A.B. asks: 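Here's what I've got: terazosin, bound to Phosphoglycerate kinase 1.
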Amino acid sequence: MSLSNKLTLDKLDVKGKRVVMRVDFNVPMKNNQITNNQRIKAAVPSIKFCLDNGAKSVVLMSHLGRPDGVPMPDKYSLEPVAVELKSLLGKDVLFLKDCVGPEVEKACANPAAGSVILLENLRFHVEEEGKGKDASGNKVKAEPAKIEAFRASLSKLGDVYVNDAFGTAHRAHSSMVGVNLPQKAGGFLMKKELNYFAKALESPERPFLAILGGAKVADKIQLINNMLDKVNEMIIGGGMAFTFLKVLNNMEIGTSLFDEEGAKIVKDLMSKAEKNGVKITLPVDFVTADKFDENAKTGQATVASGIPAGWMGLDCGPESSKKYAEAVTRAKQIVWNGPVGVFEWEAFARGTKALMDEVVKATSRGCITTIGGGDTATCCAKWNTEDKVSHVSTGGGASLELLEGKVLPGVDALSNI
Ligand SMILES: COc1cc2nc(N3CCN(C(=O)[C@H]4CCCO4)CC3)nc(N)c2cc1OC
């Protein structure tokens with residue numbers, strides 16, 4: 001599942017070549033400024049390698065948010081990323097106000113040696129995703145000839161193509177699968193990410209522990225099912241736990257998150273766990289709240305006491321953290337996708353923070369620890385543990401596709417060796 005069969009950047013001859021590189025620069029924003037640059041830094045090694053090995057230019061392309069194929073320069077512009085990238089590179093970045101057309105092509109045709117260029121959001125064009133919404137809010141499908149022309153234009157921007165956009169690798173979008181150049185290479189971030197998950201999924205050090213949390217469970221079914229064939233141990237925490245608790249223990253869970261459809265398959269999941277010899281760890285106690293608010297009134301519950309009606313479980317308790325800690329301590333490899341409580345609120349972050357402490361300690365004694373993207377990675381940013389675990393994935397949705405046993409279109413479209 002690694003890039004072993006695919007052309008990679010390190011094997012790419014880029015001296016005197018223009019490199020058009022798809023990156024995932026879809027960073028979280030607030031008020032026109034970046035609040036997490038993790039995805040930008042993650043791409044720096046590929047960019048730096050190109051500049052260091054005599055590349056004539058590196059033309060960077062990405063999307064930002066979901067403008068749905070309409071230009072939205074005042075809401076979703078990549079301009080700020082240009083500024084941040086220049087800061088990280090110690091080098092000028094030229095921002096272009098479009099990503100195709102004659103003028104874009106002319107700026108990229110033959111740039112001064114060492115030029116870094118960043119194009120405007122790819123998704124301002126419906127041809128990128130192949131569908132979107134018009135100015136009026138009607139859903140639209142892109143036209144075949146225009147899609148090819150969009151792709152033909154992106155292709156003109158470089159002599160060789162690098163995809164470093166792991167976070168977007170599950171999207172079969174034009175910049176990801178439709179660039180037509182003789183060499184199509186995986187970048188250093190693509191290789192890194194794929195190497196971490198490939199080992200986790202094919203050849204992990206064992207016991208292999210999966211920590212699965214976050215809110216809803218229906219979207220987690222094929223995920224749990226698939227992981228049950230890979231792991232030796234699984235923590236099921238956060239929002240999903242209450243559906244299990246209710247089915248398995250007849251727990252009264254108040255207004256806690258509950259997934260009726262998922263309830264139907266919980267016993268089958270547990271049978272599968274048992275059959276495969278997977279130890280499942282569910283929480284046994286909770287921090288409760290009288291409503292979904294950062295300031296709600298709080299309380300405590302266990303599985304036996306139940307959660308009072310009107311109240312909801314928003315975090316696991318001290319005893320739960322203990323059991324989580326024990327599974328972590330046994331692990332030699334860990335993939336963690338989903339916090340185990342409402343981490344962004346102080347009253348409900350103890351469990352996720354405590355788990356993070358264990359995962360860092362686990363890393364310190366040699367455990368391979370993989371943090372999926374999304375909220376979990378945000379937690380790493382929040383508590384400054386980005387360099388204290390083995391790998392913080394840049395791809396939450398993409399890493400999830402891999403954990404479910406699915407293929408990544410962005411990877412398959414790379415040149416074969
Ligand atoms: C224990 O772990 C978690 C529990 C979570 N619970 C919730 N909800 C969200 C919304 N909920 C409610 O509004 C209550 C009150 C009205 C409906 O039931 C139910 C509790 N949301 C979340 N986002 C939750 C996330 C969690 O971990 C990440």
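We count residues from 1, following the sequence as given. As the structure lists them, so they are numbered: ligands from 1, and atoms in each ligand from 1. Scope of the values below: all heavy atoms of this structure, side chains included, with no hydrogens, waters or symmetry mates. According to its header, the structure was obtained by X-ray crystallography, 2.1 Å.
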A.B. asks: Specify the protein heavy atom at minimum distance from atom 14 (C) of terazosin (ligand 1): its residue, its atom name, and the distance to 0.1 Å.
C.D. replies: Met312 CE, 3.1 Å
A.B. asks: Looking only at distances, please establish whether an N/O atom of terazosin (ligand 1) is found under 3.5 Å from an N/O atom of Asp315.
C.D. replies: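 No; the residue has no nitrogen or oxygen that sits under 3.5 Å from a nitrogen or oxygen of the ligand.
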A.B. asks: Taking the minimum heavy-atom distance to atom 5 (C) of terazosin (ligand 1), which of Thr288, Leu257, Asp375 ranks first?
C.D. replies: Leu257
A.B. asks: From atom 26 (C) of terazosin (ligand 1), work out which of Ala349, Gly213, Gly239 has a heavy atom at the shortest distance.
C.D. replies: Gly239
A.B. asks: What UniProt-listed (2R)-3-phosphoglycerate-binding residues in chain A have at least one heavy atom nearer than 4.0 Å to terazosin (ligand 1)?
C.D. replies: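 Per UniProt, none has a heavy atom under 4.0 Å.
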A.B. asks: Write out the residues of other chains lying under 4.0 Å from terazosin (ligand 1), heavy atoms counted.
C.D. replies: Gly214, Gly238, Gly239, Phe242, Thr255, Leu257, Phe292, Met312, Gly313, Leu314, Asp315, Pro339, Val340, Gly341, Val342
